[PDB]
Amino acid sequence: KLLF
Amino acid sequence: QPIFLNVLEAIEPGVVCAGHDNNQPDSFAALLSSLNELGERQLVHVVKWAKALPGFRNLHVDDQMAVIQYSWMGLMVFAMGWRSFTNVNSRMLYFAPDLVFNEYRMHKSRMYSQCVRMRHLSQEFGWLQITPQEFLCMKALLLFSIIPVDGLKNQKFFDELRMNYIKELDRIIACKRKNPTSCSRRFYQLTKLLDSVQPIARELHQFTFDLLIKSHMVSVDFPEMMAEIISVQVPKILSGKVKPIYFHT
Ligand SMILES: C[C@]12CCC(=O)C[C@@H]1CC[C@@H]1[C@@H]2CC[C@]2(C)[C@@H](O)CC[C@@H]12
Ligand SMILES: O=C(O)Cc1cc(I)c(Oc2ccc(O)c(I)c2)c(I)c1
């Protein structure tokens, strides 16, 4: 996600 | 063959600055806002670190995101204590080069007791003479030390991945000892050292959670992700839906  | 330690030493996160303006008087709002920034920033490295760990990508995509969101606190705290030991010699808490806590800052942050526990944890690295290889393995294990009671999407592969890192830990220990008692007692110390991280992480989860709720009342700012994680994942830990996996009971 957004930061993954 | 040290293939494993090779990987751990290579993917180990470098230095991270909190962006704290050590020009501002140590107030509550300024100190915590900087730790939140540190956490947000340091969270980014944690994500890259993990995805680089042997076998981590194989875990299901959702579980990958969950284990990181549940165990980030304990990971950052464990590493922090290491930086404090190897650096400020444990007298103070080396959070980031630009944010080192002294007795005063510990009081102004409104979390003096927790800082004491962290300093103690930091001191344990000395008492036990934890070698750098032991540190790395233990830290890796921490990522796999907290999960939801219901279980992960693919618990099967998680249990096996966890089991392996543990073997690696033992492997590390039994590489200097010869005695049957020597390697055995060493394992006992570390598995305990690991368990002791949990109670500390749990106090900070509680702390940050309360801090978030009354964040506007105290003028403390939480970065995008830090706010999202503390309000969605942390609550599951505090409510008991997600629980640490302890070695001893
Ligand atoms: C994880 C961090 C930041 C990274 C680190 O070195 C350990 C330290 C432990 C205390 C945390 C902090 C991030 C921001 C938190 C969560 C504050 O809201 C209250 C407790 C703080
Ligand atoms: O033997 C060594 O030192 C190196 C080693 C380290 C690990 I952690 C390991 O575990 C898994 C498990 C599942 C998986 O998908 C992957 I990729 C790796 C194995 I197998 C070997």
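The sequence lines are lettered as chains in the order written, beginning with A. Sequence positions for chain A are given in the PDB entry numbering; the residues included correspond to 924-927, in order. Numbering, chain B: per the PDB entry, residues 670-918 in sequence. Order of listing sets the numbers, starting from 1, for every ligand and every atom in it. Side chains included, hydrogens not; waters and symmetry mates left out as well; all remaining heavy atoms used.
The name recorded for the drug at ligand 2 is tiratricol. Lab note: drug at ligand 1, from nevirapine, trichlormethiazide, dihydrotestosterone, pentoxifylline, promazine, identified as dihydrotestosterone.
Contact analysis gives the chain with most pairs under 4.5 Å to tiratricol as the one UniProt calls Androgen receptor. Other chains within a heavy-atom distance below 4.0 Å of tiratricol are, by letter, B. Residue contacts with tiratricol: B/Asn727 is placed with a nitrogen or oxygen under 3.5 Å of a nitrogen or oxygen of the ligand (distance criterion only).
Restricting to residues UniProt lists as binding 17beta-hydroxy-5alpha-androstan-3-one in chain B, the heavy-atom distances under 4.0 Å from tiratricol involve none of them.
Polar contact with tiratricol: present for B/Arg840 (N/O pair, distance under 3.5 Å). For atom 16 (C) of tiratricol, the nearest protein heavy atom (residue, atom name, distance) is B/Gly724 CA, 3.6 Å. Most residues of chain B touching tiratricol map to the UniProt domain NR LBD. Atoms of tiratricol found under 4.0 Å from any heavy atom of B/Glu829 (numbered from 1 in listed order, with element): 12 (C), 13 (C). Heavy-atom separations between B/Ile672 and tiratricol are all 4.0 Å or longer. Remark: minimum distance from atom 8 (I) of tiratricol to any protein heavy atom is reached at B/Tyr834 CE1, 3.5 Å. For chain B, the entry records the source organism Homo sapiens. Summary of contacts: the protein heavy atom closest to atom 10 (O) of tiratricol is B/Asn833 ND2, 2.9 Å. When hydrogens are left out, the protein atom nearest atom 14 (C) of tiratricol is B/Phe826 CZ, 3.7 Å; that is the closest non-hydrogen contact. For atom 20 (I) of tiratricol, the nearest protein heavy atom is 4.0 Å or more away. Contact between B/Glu837 and tiratricol is present, with at least one heavy atom of the residue lying under 4.0 Å from the ligand. The binding site of tiratricol, defined by non-hydrogen atoms within 4.0 Å, is formed by B/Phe673, B/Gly724, B/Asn727, B/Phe826, B/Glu829, B/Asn833, B/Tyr834, B/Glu837, B/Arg840.
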